[PDB]
Student: 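To start, I am sharing the structure in question, which I have written as structure tokens.
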Amino acid sequence: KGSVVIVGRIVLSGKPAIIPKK
Amino acid sequence: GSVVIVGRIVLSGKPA
Amino acid sequence: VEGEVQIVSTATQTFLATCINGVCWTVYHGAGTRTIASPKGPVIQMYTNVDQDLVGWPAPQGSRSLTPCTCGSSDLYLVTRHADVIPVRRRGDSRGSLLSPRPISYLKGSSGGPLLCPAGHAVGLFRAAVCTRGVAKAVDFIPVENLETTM
Amino acid sequence: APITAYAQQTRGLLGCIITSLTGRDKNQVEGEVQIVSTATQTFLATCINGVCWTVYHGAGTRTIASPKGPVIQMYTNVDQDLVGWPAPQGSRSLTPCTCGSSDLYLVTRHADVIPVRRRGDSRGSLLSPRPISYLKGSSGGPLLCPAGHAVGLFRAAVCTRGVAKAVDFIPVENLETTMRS
Ligand SMILES: *[C@](O)(C(=O)NC1CC1)[C@H](CCCC)NC(=O)[C@@H]1[C@@H]2[C@H](CN1C(=O)[C@@H](NC(=O)NC1(CS(=O)(=O)C(C)(C)C)CCCCC1)C(C)(C)C)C2(C)C
Ligand SMILES: [Zn+2]
Ligand SMILES: [Zn+2]
């Protein structure tokens, strides 16, 4: 039987931020 | 006159 | 990445706008009946409500909508134009007290911004700072109900 | 500070399948909750106090793909419906709730946080019922208190006519008991 694989992540530690321009 | 968007804030702090 | 809060400006000032339910909301005393800029030209307001100091345009590009609060919490959080989060204790249908007062400067340019609940859901729109001698100890806000109602 | 969350997909279908067989994942890990996939389903796994926890009905007794090959489960409890592997290097752990709040917030697979009112040791009601399709994929996800500490792990939806009005969860207490056994 196969391994459980991480296909993404959910981040709770992020705080409001101004989206930087590039 | 017109209102213009000068920036944006992402509440979750998503970098992506 | 998409943003729920837009930092906006007119020739006169700078303030904020918050996208809730596919509409980009802000304070009438900031925008007026002004139109909003777009790559295809100006787009007119979908909603104007001088009475509630509320105006809304169709949500712009690069934005995502905020979900209205449904938990009735009183522990609010005001997000400023500098992305600062300020804990506010709700005192009334459209009033809340800063848990830690701040000079007016700290809250300047943030009207139109959101007041979030513990779940990050929209409770109201920051309408104006209620200050005593240059110190904001409370704030006035437009509850989401008004927005949901105006739509 | 309000509870906000964001999601990021780290790999696709084919890369997932290869990594599943290989059991070797060299991808960088970040975050408190990992979006997890077997060959049949995708759900969530929450890191709490150094252990990456998830639902047994999802992971079964499988190993977790890591940069050093597959990692055996640290804990398994078919009854509590829990499994736990060492938290991946890079992840951040949540800590158990110690304020006994009944105002909970469920973080979904899509990174939405929805309020639930604790109505029992393993149950809470959605203040705003949603179709179960929304909750699909959220098993193993966290239920947070206002302070952002872990209260439980989403287990099953209590649905009727396809709409969920309540949720069933594994309170963080069962975790300590599983480790103690
Ligand atoms: C979770 O495993 C997951 O997201 N993984 C899948 C999607 C890839 C999943 C979350 C989906 C909820 C929408 N949870 C389950 O699959 C669990 C496991 C089996 C059944 N369910 C589950 O959520 C059931 N709900 C359910 O069984 N609920 C009750 C009974 S009931 O709903 O009141 C009723 C009698 C059927 C009307 C029993 C458990 C406690 C809550 C009530 C549904 C798939 C029907 C939503 C496990 C082991 C519980
Ligand atoms: Zn709320
Ligand atoms: Zn707590």
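Within every chain, numbering begins at 1; the chains are lettered A, B, ... in the order of the sequence lines, protein sequences first and strands thereafter. So this one's X-ray crystallography, 2.2 Å, going by the header. Counting starts at 1 for both ligands and their atoms, following the listed order. FYI, side chains are in, hydrogens and waters are out, and symmetry mates aren't considered; it's all heavy atoms of this structure.
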Student: Identify the macromolecule bound to ligand 1 in this structure with the most contacts, using its name in the PDB entry.
Tutor: Genome polyprotein
Student: Please tell me which drug sits at ligand 1.
Tutor: narlaprevir (bound form)
Student: Which chains, by letter, have non-hydrogen atoms under 4.0 Å from some atom of narlaprevir (bound form)?
Tutor: D
Student: Taking heavy atoms and a cut-off of 4.0 Å, what residues surround narlaprevir (bound form)?
Tutor: D:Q41, D:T42, D:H57, D:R123, D:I132, D:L135, D:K136, D:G137, D:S138, D:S139, D:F154, D:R155, D:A156, D:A157, D:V158, D:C159, D:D168
Student: Starting from atom 28 (N) of narlaprevir (bound form), locate the nearest protein heavy atom and write down its residue, its atom name and how far away it is, to 0.1 Å.
Tutor: D:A157 O, 2.8 Å
Student: Can an N or O of D:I132 be found at a distance shorter than 3.5 Å from an N or O of narlaprevir (bound form)?
Tutor: no
Student: For atom 15 (C) of narlaprevir (bound form), what's the nearest protein heavy-atom neighbour? Residue, atom name and distance, please.
Tutor: D:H57 NE2, 3.7 Å
Student: Covalent bond partner of narlaprevir (bound form): which residue and atom, or none?
Tutor: D:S139 OG
Student: Regarding narlaprevir (bound form), does D:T160 bring an N or O atom to under 3.5 Å of one of the ligand's N or O atoms?
Tutor: no
Student: Would you say D:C159 has any N or O atom under 3.5 Å from an N or O of narlaprevir (bound form), going by distance alone?
Tutor: yes
Student: Can you check whether D:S139 has an N/O within less than 3.5 Å of an N/O in narlaprevir (bound form)?
Tutor: yes
Student: May I ask you to check whether D:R155 has an N/O atom sitting below 3.5 Å from an N/O atom of narlaprevir (bound form)?
Tutor: yes
